[PDB]
Amino acid sequence: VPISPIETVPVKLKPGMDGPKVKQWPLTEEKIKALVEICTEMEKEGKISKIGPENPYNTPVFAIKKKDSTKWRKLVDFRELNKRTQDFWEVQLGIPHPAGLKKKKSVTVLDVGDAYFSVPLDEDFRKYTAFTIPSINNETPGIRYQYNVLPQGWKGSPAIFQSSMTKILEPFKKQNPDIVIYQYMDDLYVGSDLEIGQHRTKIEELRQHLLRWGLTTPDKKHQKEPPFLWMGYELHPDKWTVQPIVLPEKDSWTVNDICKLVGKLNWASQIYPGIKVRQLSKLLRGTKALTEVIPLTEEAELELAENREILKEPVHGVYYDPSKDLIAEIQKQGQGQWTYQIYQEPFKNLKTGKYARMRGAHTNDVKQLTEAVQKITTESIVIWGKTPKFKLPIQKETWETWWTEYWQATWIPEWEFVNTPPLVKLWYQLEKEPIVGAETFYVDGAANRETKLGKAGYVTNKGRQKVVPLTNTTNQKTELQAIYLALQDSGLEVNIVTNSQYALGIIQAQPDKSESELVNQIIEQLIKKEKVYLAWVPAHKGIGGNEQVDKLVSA
Amino acid sequence: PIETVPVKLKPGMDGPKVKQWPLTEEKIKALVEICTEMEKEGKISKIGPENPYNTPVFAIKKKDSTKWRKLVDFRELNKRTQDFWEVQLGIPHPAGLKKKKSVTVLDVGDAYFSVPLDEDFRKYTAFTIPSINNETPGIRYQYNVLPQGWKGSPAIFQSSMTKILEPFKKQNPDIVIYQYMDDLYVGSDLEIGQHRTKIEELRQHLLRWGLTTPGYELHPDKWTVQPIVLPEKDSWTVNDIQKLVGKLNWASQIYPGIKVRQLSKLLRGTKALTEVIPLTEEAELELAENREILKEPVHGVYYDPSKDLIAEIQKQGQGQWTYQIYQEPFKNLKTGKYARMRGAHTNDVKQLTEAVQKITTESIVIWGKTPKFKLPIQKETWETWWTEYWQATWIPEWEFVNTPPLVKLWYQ
DNA sequence: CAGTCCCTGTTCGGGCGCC
RNA sequence: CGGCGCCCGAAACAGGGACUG
Ligand SMILES: Cc1ccnc2c1NC(=O)c1cccnc1N2C1CC1
Ligand SMILES: [Ca+2]
């Protein structure tokens, strides 16, 4: 007889499959002599066993190495067993963001020893565990065994640990509604608004409750060490910050440097406001080797400069106070880059961030704001579980004009104006109705699929015509191209008739910026006009001067 | 201690493994207070990591209700139980339900918790109650009884339901009763006074047989179809004749007898958009003859039961939305328009959510099937907020579309 | 009726940053 | 090796336009 710690979790095999038999793959020759003994340790503690006839099971060893150890850590590879083992619902859905924690008076961290080996493997699954690895080099053929606990590198270990651990803590919590626990791996972080010593009452009173299930918590544990360093963060019960950032000063710039660079700025962006990555990010376009050599443009360095000075001074985030409202404020940083701050008490921030992502071939600021406001709402719901009151560089009339006109369903939740230039504006509007006494430019374009050659031009009610030859073009660009002419050659008010559904789809969404230089020019002409009514007709219906401009260019 | 109808995932496919989307603290609370209670009742019970299946859940308040309703998005399961419900047990769709002067929708879903559910199937009802900020891991349950909103639940309860209802149906032969998931559609030509009484009356029949029921009225006889219509004009500008011709050109994919020839010819030279050109009689008569072909039906448009319904919604502005239901392009089963819905003039996402529901509802009263939506919205916008405005116990299917407007011409 | 292109957007894949 | 965030690519996927007798 062995003994029985804590409730066991049923584990099956992917139906119609069975345990593995495998040959070894290389691992370093030195550290491996120690376990020949260590296995004999575990038999007596309950972590191992053996049987002769029953195991058609053998497993190899493949590893990854770690820095910062005062002792060496053993391992075994079940990878063959893994692939054959049922899937689980993973318990780590990701980790909480610091800015989402409520402020707690007292916060301690207990580190669970023998964490994976303190958990019983499923009785009936135990069998599949049998394994063998080289003695020192090797001499005689060998022997084998089975696992009585959660094996290192097994698929179910973290999941089964995590769920079991949770099950244990549950009765403590109900008897302690106002304590707060959080579990990451084998570390527990406990906290309370109780008085400092009586908090330590419950710290032991809980180490009791963990042992009662066989879970060991030493006193090398530190209440006096916080800040705790966990995943790039420094956490004190009153305030939090990111772990220290090292910015490469290297004169030699390879694309892998900029990459490591950007990720750091972006990671910095959760706390330090105003980080901009745009110009540094331009370098990455269409490059073959991650080892390639790339130069820094003047813009990217001027930005990198502005960015370097922000990191100069330190900064810290606060925690969330459920009693008080959430406030999110966005500033336009230009070049489709955006920054936002989310705070509760003015000038003390919970967190920051950027939204730089340029979405679509042609876009505008209202759209891009709308997007940022959405990135932020989601982030806010993940973290605080509510939507912020939004502070925005946009006139309530600017916005009302856009969303109500736009063809798409679009929304910003409850939000108010902050007059903080640059203010977001709409750079032009198309008329909804024909413009009296404006010249009417009928435009068409055509190109030939084979030769990639074409012409773009127009006819007007006044007799004015134009046709321009164009080389290496497409049917679409000529249709865009004719509209461009019609803008150039027209007065401040003008009507344009186009038969391009394509062209019309673009212009009507009132882009203020485009990838396409031709659209940018159209835009630029568009902003200069006073009144533009742009209309569509079906091709080849024998319409208007549409038939006429069709003949001119298809010829 | 009663039998349990076994259930199986149609061949080849596994249980739904779909992720739980983030919830508001508001709604996470309502589920916790709802689930602990449903557990105490042994309706659901806690589960472990050995069960790797998940369906998303959230919560809603039904229209005009301050009470929180739990909602599971079983869409994925229902796709994976599907051969079971469609092929095994059919539910005849009353063609009259749609003709009734009034139709009430009663929420009967609670009754389903009576019947137990097949123990081999229960691992497929797994859902996570999420935590704010990932502070706790999820509280995971699975359904022991017949889960609300699953397509098998109203099926397996079909027998038990038909029983409890036969008295009323027998005593009231002229009243029509349909059932689509957690909802029961009940309608009659009785004056609303004797109707509302007959509904309460219907409430007891299930109230005394062990059911609870958390206005509901529809008026299908009044449901109007939005026909295509050419503007009424005194005098026509060039621009008018053009928008007209283009629209007519569109319409002719739908009605083939349309001809634009004489109306087309009116535009002949290169003329200012705003000059007023008079309608020749020969065209004037063709257009009016066109206006005719546009009051008619469309040859060969009829509902075909096997095909899915498809709904397209357009934002027309100033609080209006148009929609069309069809199974194959240009053959439309119904067309319509909405205005002054909640959110009109303030929140588009709210209005469209409202819109999707009103459309889904008619879709169920008429063909007894929910449509697949083409939603005029960016994925993330809809996906971020739709859950706030949702007042229905079902969840139609949707995909996201962008059309710069040349299809806007459904409405003037 | 099918098969060429042109254009745009949305999956995915890469590779950083934090484990 | 997985999670989250991100930047890029489009070799691919999808939608819509347009031509080919
Ligand atoms: C790393 C971590 C992750 C999640 N929550 C916490 C912590 N540790 C803390 O440092 C912490 C700090 C302040 C408030 N809550 C904290 N806690 C909660 C337990 C009291
Ligand atoms: Ca043409």
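Here is how names work: the chains are called A, B, and so on, in the same order as the sequence lines, proteins then strands, and each is numbered from 1. Recorded method for this deposit: X-ray crystallography, 3.0 Å. Heavy atoms only: backbone and side chains are in, while hydrogens, waters and symmetry mates are out. In listed order, ligands and their atoms are each counted from 1.
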J.: State which drug is located at ligand 1.
T.: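 Found there: nevirapine.
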J.: Tell me which macromolecule has the most close contacts with nevirapine (ligand 1), using the naming in the PDB entry.
T.: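 Main partner, per contacts: HIV-1 Reverse Transcriptase, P66 subunit.
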J.: Mind listing the other chains that have a heavy atom within less than 4.0 Å of nevirapine (ligand 1)?
T.: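 Other chains, by heavy atom: A.
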J.: Which residues from the surrounding chains have any heavy atom less than 4.0 Å away from nevirapine (ligand 1)?
T.: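 Within 4.0 Å (heavy atoms), the residues are A:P96, A:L101, A:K102, A:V107, A:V180, A:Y182, A:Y189, A:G191, A:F228, A:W230, A:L235, A:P237, A:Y319.
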